[PDB]
Colleague: 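First the structure, then my questions, so here it is.
Every chain is numbered from 1, with letters handed out A, B, ... down the list of sequences. Both ligands and their constituent atoms are indexed starting at 1 by order of listing. This deposition comes from X-ray crystallography, 2.7 Å.
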Amino acid sequence: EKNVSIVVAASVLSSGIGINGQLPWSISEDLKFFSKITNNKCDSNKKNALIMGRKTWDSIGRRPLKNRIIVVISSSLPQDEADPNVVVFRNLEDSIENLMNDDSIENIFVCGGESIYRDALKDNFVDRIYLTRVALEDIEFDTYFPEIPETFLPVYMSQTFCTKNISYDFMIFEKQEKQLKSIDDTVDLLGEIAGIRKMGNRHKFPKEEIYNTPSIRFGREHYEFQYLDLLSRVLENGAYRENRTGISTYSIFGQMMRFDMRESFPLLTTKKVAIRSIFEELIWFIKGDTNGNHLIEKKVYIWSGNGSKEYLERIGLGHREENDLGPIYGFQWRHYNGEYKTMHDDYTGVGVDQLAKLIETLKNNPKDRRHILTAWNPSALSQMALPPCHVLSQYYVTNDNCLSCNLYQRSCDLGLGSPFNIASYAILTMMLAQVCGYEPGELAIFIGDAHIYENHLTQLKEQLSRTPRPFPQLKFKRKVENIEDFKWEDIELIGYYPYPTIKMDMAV
Amino acid sequence: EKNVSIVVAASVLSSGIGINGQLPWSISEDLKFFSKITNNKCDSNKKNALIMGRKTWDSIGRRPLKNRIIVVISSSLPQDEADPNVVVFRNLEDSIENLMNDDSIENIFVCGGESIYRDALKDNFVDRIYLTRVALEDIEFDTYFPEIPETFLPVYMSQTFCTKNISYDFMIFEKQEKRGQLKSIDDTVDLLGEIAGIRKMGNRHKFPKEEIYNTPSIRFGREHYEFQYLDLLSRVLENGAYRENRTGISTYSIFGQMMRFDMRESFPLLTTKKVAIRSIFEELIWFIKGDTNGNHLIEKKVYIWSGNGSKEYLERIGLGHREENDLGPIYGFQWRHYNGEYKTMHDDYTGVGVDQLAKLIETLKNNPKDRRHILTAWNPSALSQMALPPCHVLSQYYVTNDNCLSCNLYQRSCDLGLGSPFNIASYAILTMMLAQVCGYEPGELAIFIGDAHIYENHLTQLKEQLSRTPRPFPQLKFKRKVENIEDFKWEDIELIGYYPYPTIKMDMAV
Ligand SMILES: NC(=O)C1=CN([C@@H]2O[C@H](COP(=O)(O)OP(=O)(O)OC[C@H]3O[C@@H](n4cnc5c(N)ncnc54)[C@H](OP(=O)(O)O)[C@@H]3O)[C@@H](O)[C@H]2O)C=CC1
Ligand SMILES: NC(=O)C1=CN([C@@H]2O[C@H](COP(=O)(O)OP(=O)(O)OC[C@H]3O[C@@H](n4cnc5c(N)ncnc54)[C@H](OP(=O)(O)O)[C@@H]3O)[C@@H](O)[C@H]2O)C=CC1
Ligand SMILES: C#CCN(Cc1ccc2[nH]c(N)nc(=O)c2c1)c1ccc(C(=O)N[C@H](CCC(=O)O)C(=O)O)cc1
Ligand SMILES: C#CCN(Cc1ccc2[nH]c(N)nc(=O)c2c1)c1ccc(C(=O)N[C@H](CCC(=O)O)C(=O)O)cc1
Ligand SMILES: CN(Cc1cnc2nc(N)nc(N)c2n1)c1ccc(C(=O)N[C@@H](CCC(=O)O)C(=O)O)cc1
Ligand SMILES: CN(Cc1cnc2nc(N)nc(N)c2n1)c1ccc(C(=O)N[C@@H](CCC(=O)O)C(=O)O)cc1
Ligand SMILES: O=c1ccn([C@H]2C[C@H](O)[C@@H](COP(=O)(O)O)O2)c(=O)[nH]1
Ligand SMILES: O=c1ccn([C@H]2C[C@H](O)[C@@H](COP(=O)(O)O)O2)c(=O)[nH]1
């Protein structure tokens with residue numbers, strides 16, 4: 001008995017691990033990771049053994065690895081003797097015996113060639129798989145990682161990283177075989193006694209059947225889990241409620257989500273997200289625009305319904321022309337407190353420009369604590385087609401000169417709105433970072449009424465059955481001078497490989 | 001081997017457990033807890049044994065406990081085979097002996113009397129201690145739970161509960177003599193951290209080192225909500241970035257963090273330092289009445305808004321033309337007269353500006369499930385006239401299906417050392433007030449911080465605080481049902497069972 005682990009790097013969609021006797025890419029961090037995992041051991045007078053196939057041997061210059069013993073599988077290679085850090089076997093099965101003996105061998109790693117992976121998995125020799133998911137998928141491959149067998153379950157998944165615009169995961173799987181007992185025994189007995197009265201009961205852990213990729217118990221580091229686990233928590237504990245819209249929701253109050261923005265862009269991968277619409281709705285905010293026709297003109301219908309004659313009629317704004325949403329987001333951002341008459345009037349100079357003051361303060365007085373944008377105007381709400389959901393947002397220049405964002409959101413709808421805000425404020429923050437001279441840092445979203453519309457239950461349950469994939473990267477093709485000059489065309493999505501788009505109808 | 005646990009309920013400060021042959025209180029959740037912990041077992045063919053002194057056995061009426069075996073330590077009581085569910089032993093040590101005897105015995109509980117506890121601990125018989133800390137002192141006790149020996153560390157502390165206004169609290173201590181979920185995941189996350197450094201968000205949120213983490217041996221059971229404040233503290237202490245600011249005094253800062261606090265079973269007043277509760281109530285209702293006159297506070301001997309309401313400060317910021325302690329359209333002006341025109345702190349502003357606190361109340365009452373119960377103080381039009389731009393910037397309220405009122409607050413900037421304890425207490429109280437007035441019960445308070453920072457002239461004070469294990473939170477009850485939210489008065493408030501550590505002096509950053 002001694003541990004056997006595969007170590008592989010494979011393309012996210014098709015497990016492409018090689019082309020023309022070489023890799024499909026060069027990613028140093030991955031070689032570094034390979035170096036750390038294969039070198040790692042306790043008793044420092046033993047060596048780990050790296051098993052590989054002759055073509056892979058061939059592939060790295062037949063040049064030995066520091067501090068490790070290579071084991072080449074070949075029919076032809078002479079079992080040499082020049083070198084003791086490189087040994088040769090005629091088949092994979094006998095190459096083990098590694099186990100039995102060489103007590104000078106702590107761990108065994110299967111380092112691949114397809115033919116070798118395929119044999120290790122078929123003859124059931126491997127216990128763990130360390131898999132580096134690489135997000136590049138329209139390139140030639142002639143070598144694949146075989147399908148992970150059912151006996152294996154994912155138990156870790158890291159955040160997404162970036163190298164020269166390529167996103168990658170790493171990820172661990174364990175061959176399955178079948179804190180205190182006291183602390184949990186206590187917490188449960190107090191839970192039985194107290195019922196609703198113990199706050200832990202009001203915040204129950206989600207059940208396996210509604211928790212995305214359940215085997216991943218202690219390694220939920222991919223920040224997309226921050227979104228999916230939120231979904232589970234409400235699936236789990238949400239109270240059923242009626243609301244102004246016909247359609248009722250499951251709801252809980254006071255939640256939060258966090259996303260890295262240094263290494264990747266947080267566009268959900270568990271459903272294809274309408275990034276264009278998101279972007280297009282953002283510059284419309286930025287420009288201070290409240291004319292819904294401008295979005296519709298670019299073929300973005302997200303605000304259609306809240307600007308229809310009937311909807312505005314139903315809510316007291318029947319005096320408005322179709323699509324005059326009144327002083328909603330964009331207007332409070334550039335014209336805070338301005339007096340709104342119609343989308344046709346000229347507002348240049350009226351009201352506080354928050355957004356301009358934001359940029360000025362952000363470049364001139366970075367460490368100061370007042371970088372705030374707010375849409376919550378008690379005096380305007382009744383003229384808005386909808387009061388805002390994303391209500392207030394605070395911005396933060398780190399000592400190392402990234403820009404982070406906090407968004408307070410009164411009423412994210414988890415199914416539709418939420419994945420939008422995530423992307424939206426990510427971008428707003430990247431935009432502010434170009435314009436002000438910083439790099440993107442972190443995004444934290446604080447939620448008030450976090451809920452799911454009931455007509456989304458099955459759809460979101462579908463989403464919850466899909467294991468997340470590395471986030472993509474998002475780059476600007478040019479440096480702008482004023483932030484209102486950004487255009488869709490400027491924007492580059494690198495490496496977005498989502499699952500099918502999931503249809504969800506918006507409750508009006 | 002075979003577990004021996006002490007189970008005891010004791011007063012938080014002096015460890016009182018008994019007076020005149022009885023308990024100094026009557027708290028049935030505790031008897032429920034006792035019963036659960038002592039009945040709990042795997043093998044339906046074995047039983048647990050509870051050990052007690054004769055006088056304790058007298059205490060419970062000499063009747064057996066369902067489903068368990070009582071073992072009475074007495075010199076004199078007869079060893080009579082009548083009850084198979086009660087056996088007498090002449091000494092604790094022999095009774096311990098349950099350990100090899102009675103394969104039929106699964107677990108062992110020392111159920112007390114001071115003399116059985118003292119003996120069990122002195123003779124080192126015992127592995128774990130289940131302790132219910134009862135928050136009333138200043139009453140008569142004649143029996144005590146011994147001081148817990150240094151060989152035990154605490155490993156769990158529950159949230160605070162309430163019964164007939166008495167706060168209480170469950171903890172476990174383990175005899176500890178001679179990350180980790182398994183190796184493979186911590187190793188991999190460690191290796192990744194090394195490859196990536198600052199590039200892996202995990203390295204940006206490093207775990208607090210043991211010497212700065214409050215009560216470190218409690219690692220998987222930091223349930224007491226006091227820990228939400230303390231752990232935040234240790235977190236900026238471990239990752240907080242240095243930065244100079246508008247005050248000569250620099251801060252250590254991180255960005256984006258949160259705290260939850262229950263308000264159904266207790267009042268979230270920090271116990272690890274005596275907190276100026278009066279001054280908090282007096283500012284709070286100052287805000288509710290919509291008042292901006294700094295004098296009204298000083299007149300009630302509350303000096304928190306003095307430094308910011310003085311002649312020099314008002315000068316240095318461009319408000320020289322303002323009467324002393326005219327603070328401007330700060331918090332309560334915006335709550336009552338959002339966007340109204342600020343003349344002076346003397347004008348009458350009846351009917352001016354949007355009255356948010358009124359709309360709030362109307363909305364909680366008539367539209368409980370609506371998502372627009374919102375209180376805001378961030379008014380870009382009015383920042384400059386303000387002695388100080390607001391820190392508790394926005395709050396939301398939420399009526400649960402079982403009629404409790406919850407509050408979320410977004411705080412852009414938060415002095416962990418000084419303002420934060422005020423904010424927790426402040427908004428717990430406001431929420432309790434809003435709840436009474438609207439017909440509901442207190443629910444939960446969540447607090448979202450933008451800039452969470454510790455002032456550098458505070459480090460040693462907060463380090464001191466971090467070395468004190470928290471005690472169960474007190475209760476706060478209103479003595480009468482007010483008709484209007486601005487009628488509340490300090491006199492109307494009762495603070496039951498607040499037992500803090502001594503106050504810790506910290507200088508304000510002007
Ligand atoms: N992305 C990643 O993580 C990795 C990718 N790769 C890529 O994979 C490709 C190489 O893989 P692959 O084409 O499978 O070649 P392999 O590395 O699997 O080597 C194949 C050779 O191994 C020997 N061998 C295999 N099975 C047996 C057996 N049953 N008995 C005796 N000898 C055996 C034979 O050598 P002989 O002919 O001498 O008999 C065979 O030709 C390259 O593109 C490489 O870059 C490789 C490792 C990792
Ligand atoms: N708050 C809590 O959780 C609890 C509180 N209590 C309270 O504590 C008080 C009772 O405790 P306490 O006064 O210490 O009495 P105990 O329950 O410890 O009983 C004392 C008796 O136990 C027997 N005993 C003790 N030591 C020996 C020995 N070494 N050899 C032989 N017999 C021994 C003796 O009985 P005999 O005289 O027959 O020889 C002695 O008088 C009451 O107020 C009770 O309500 C009790 C349990 C729990
Ligand atoms: C958040 C936010 C901004 N908003 C604004 C907005 C306005 C009123 C609202 N009203 C309600 N009840 N829920 C909302 O989420 C909501 C959102 C959004 C509105 C609709 C979609 C939407 O239907 N998105 C696509 C379909 C359109 C597309 O493909 O572009 C989807 O089905 O996912 C997204 C965001
Ligand atoms: C929040 C808020 C309102 N405010 C107003 C206010 C004004 C300027 C500020 N400036 C800075 N830098 N930090 C602050 O927290 C702060 C707070 C407070 C100011 C001081 C104390 C304070 O020193 N409190 C007691 C001591 C006095 C007492 O016992 O009453 C303490 O030490 O806890 C609390 C609140
Ligand atoms: C077998 N092989 C192909 C290869 C490439 N990438 C991989 N990536 C992963 N994740 N797993 C593999 N098995 C893997 N294999 C290898 C093996 C070692 C080195 C190598 O250079 N290793 C150095 C690491 C060099 C570095 O630090 O950059 C070492 O010290 O181990 C390169 C390719
Ligand atoms: C020994 N004693 C005094 C007493 C009271 N409170 C305590 N509380 C604690 N935590 N620990 C003790 N040892 C303890 N002891 C007792 C013990 C049992 C019962 C009792 O009635 N027990 C019933 C209680 C059942 C119930 O009320 O649910 C049981 O089934 O266990 C009362 C007093
Ligand atoms: O960024 C956004 C834009 C608005 N909405 C949704 C949330 C609610 O479903 C709806 C507002 O509902 P009420 O507060 O009006 O009831 O708008 C979002 O979730 N996110
Ligand atoms: O309710 C309040 C009143 C103000 N402050 C503190 C927070 C900051 O320490 C200080 C303002 O600092 P600057 O934003 O001026 O830098 O006031 C609070 O924390 N809470």
Colleague: Look up the drug at ligand 4 and give its PDB name.
Modeller: CB3717
Colleague: Choose one of evobrutinib, ralimetinib, entecavir triphosphate, methotrexate, sorafenib for the molecule at ligands 5 and 6.
Modeller: methotrexate
Colleague: Looking at contacts alone, what is the main macromolecule next to CB3717 (ligand 4), by its name in the PDB entry?
Modeller: Chain A, crystal structure of Dhfr
Colleague: Which other chain letters have a heavy atom less than 4.0 Å from CB3717 (ligand 4)?
Modeller: B
Colleague: Name every other-chain residue that has a non-hydrogen atom under 4.0 Å from CB3717 (ligand 4).
Modeller: B/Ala276, B/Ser279, B/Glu283, B/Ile304, B/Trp305, B/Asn308, B/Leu388, B/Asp415, B/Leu418, B/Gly419, B/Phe422, B/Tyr455, B/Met508, B/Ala509
